[PDB]
Amino acid sequence: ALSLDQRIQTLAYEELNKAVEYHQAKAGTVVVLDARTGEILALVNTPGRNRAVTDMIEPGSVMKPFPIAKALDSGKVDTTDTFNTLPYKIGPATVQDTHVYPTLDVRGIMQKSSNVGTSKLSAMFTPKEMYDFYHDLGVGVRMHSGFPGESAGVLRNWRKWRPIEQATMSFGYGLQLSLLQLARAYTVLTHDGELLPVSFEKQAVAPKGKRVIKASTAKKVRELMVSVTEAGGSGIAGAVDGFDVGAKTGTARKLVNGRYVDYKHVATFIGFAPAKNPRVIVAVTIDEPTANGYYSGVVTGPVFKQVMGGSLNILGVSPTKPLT
Ligand SMILES: *C(=O)[C@@H](NC(=O)[C@H](NC(=O)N1CCN(CC)C(=O)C1=O)c1ccccc1)[C@@H]1N[C@@H](C(=O)O)C(C)(C)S1
């Protein structure tokens, strides 16, 4: 009566262990969810605690689809709109990207992973609006998944936010999610705008979602997220032959003494396929790779590719386009 698919569980375990060994990393996790039910199809960690559920991290760039979705859902932003994406200051803090683009449209913000552009979309809303949105995604909220030691994550009350915090939260710092919570939040994108519960028991009754965005918004965001895995995108390593994949890469500096350091990273990669009508969500995080690169695309992308490609094959889903 578990929902886990043992063939997916095996595949995820093998691919994760190979990536952690190759990159000489400290730890990692893979989660596979059913994109329309929230059932856990696989959940694996490197040896030790169930980090997928016990440990909260700053999501970094994999948070970006959500402020984007909210902006579009509000009707205040259109996908074709352009934004000033030059680095800027809020008090003494800087908001900047790893490459300077003077301007980007929404597709650009997503494809290139612009911290600046994301922060400009968030800035159109009040602290209370953005908090309510993050809360509605499950940030800071207990899933009651069935696992012991389940982290609620952290979402600071909006009454306490400084202007810099609203900005950094939009691109994934100053709030914290477990990987399972993060995979759950992506059900808003895959299940036509409603957040699903997560469970590791086979479902007998249709889960009731909570409406977070319109189905039309969800569909538009999934189309934008295909750019991440196509040429020009940060997540091209996660492309799966025969499918369109919606995804988002994240690489985050870690905190050492409450200071961000530039020699220690967490790499995350999350996506879904087939992009137009997804069957599965695959989420991958690898903590502190020390060899053979540290960016999401190079560290977690190949794991995502193998697990997603393998999962769709195991579940009997045909390629939507010819192989190559
Ligand atoms: C997404 O994850 C994004 N990553 C970064 O911008 C990342 N930035 C940070 O770690 N920080 C630390 C925290 N603060 C203060 C709150 C920041 O402003 C901040 O930006 C980073 C990581 C490594 C090197 C440079 C910057 C961009 N998306 C990833 C990705 O893999 O998609 C890029 C590497 C393309 S940048």
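FYI, the numbering just counts along the sequence from 1. We count ligands from 1, going down the list as the structure has it; atoms in each ligand are counted the same way. Going by what the header records, the deposited coordinates were determined by X-ray crystallography, 2.0 Å. All values below come from the heavy atoms of this structure, side chains included, with hydrogens, waters and symmetry mates left out.
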Engineer: For ligand 1, which chain wins on contact count (greatest number of heavy-atom pairs under 4.5 Å), named per the PDB entry?
Structural biologist: Probable peptidoglycan D,D-transpeptidase PenA
Engineer: What would the PDB call the drug seen at ligand 1?
Structural biologist: piperacillin (open form)
Engineer: Take every heavy atom of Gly297, measure it against each atom of piperacillin (open form), and state whether any distance is under 4.0 Å.
Structural biologist: no
Engineer: Does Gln96 have a non-hydrogen atom less than 4.0 Å from piperacillin (open form)?
Structural biologist: no
Engineer: Which protein non-hydrogen atom lies closest to atom 8 (N) of piperacillin (open form), naming both residue and atom, and how far is it?
Structural biologist: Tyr173 OH, 3.1 Å
Engineer: What is the nearest protein non-hydrogen atom to atom 3 (C) of piperacillin (open form), stated with its residue, atom name and distance?
Structural biologist: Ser61 OG, 2.4 Å
Engineer: Heavy-atom distance to atom 25 (C) of piperacillin (open form): which of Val299, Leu255, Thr98 wins?
Structural biologist: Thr98
Engineer: Enumerate, one pair per line, all nitrogen or oxygen atoms of piperacillin (open form) lying under 3.5 Å from a protein nitrogen or oxygen, stating the separation to 0.1 Å; write 'none' if no such pair exists.
Structural biologist:
residue, atom, partner, partner atom, Å
piperacillin (open form), 2 (O), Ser61, N, 2.9
piperacillin (open form), 2 (O), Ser61, OG, 2.2
piperacillin (open form), 2 (O), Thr251, N, 3.0
piperacillin (open form), 2 (O), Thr251, O, 3.1
piperacillin (open form), 4 (N), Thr251, O, 2.8
piperacillin (open form), 6 (O), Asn115, ND2, 2.9
piperacillin (open form), 8 (N), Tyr173, OH, 3.1
piperacillin (open form), 10 (O), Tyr173, OH, 3.2
piperacillin (open form), 10 (O), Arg253, N, 2.8
piperacillin (open form), 28 (N), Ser61, OG, 3.0
piperacillin (open form), 28 (N), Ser113, OG, 3.1
piperacillin (open form), 31 (O), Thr251, OG1, 2.6
piperacillin (open form), 32 (O), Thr249, OG1, 2.5

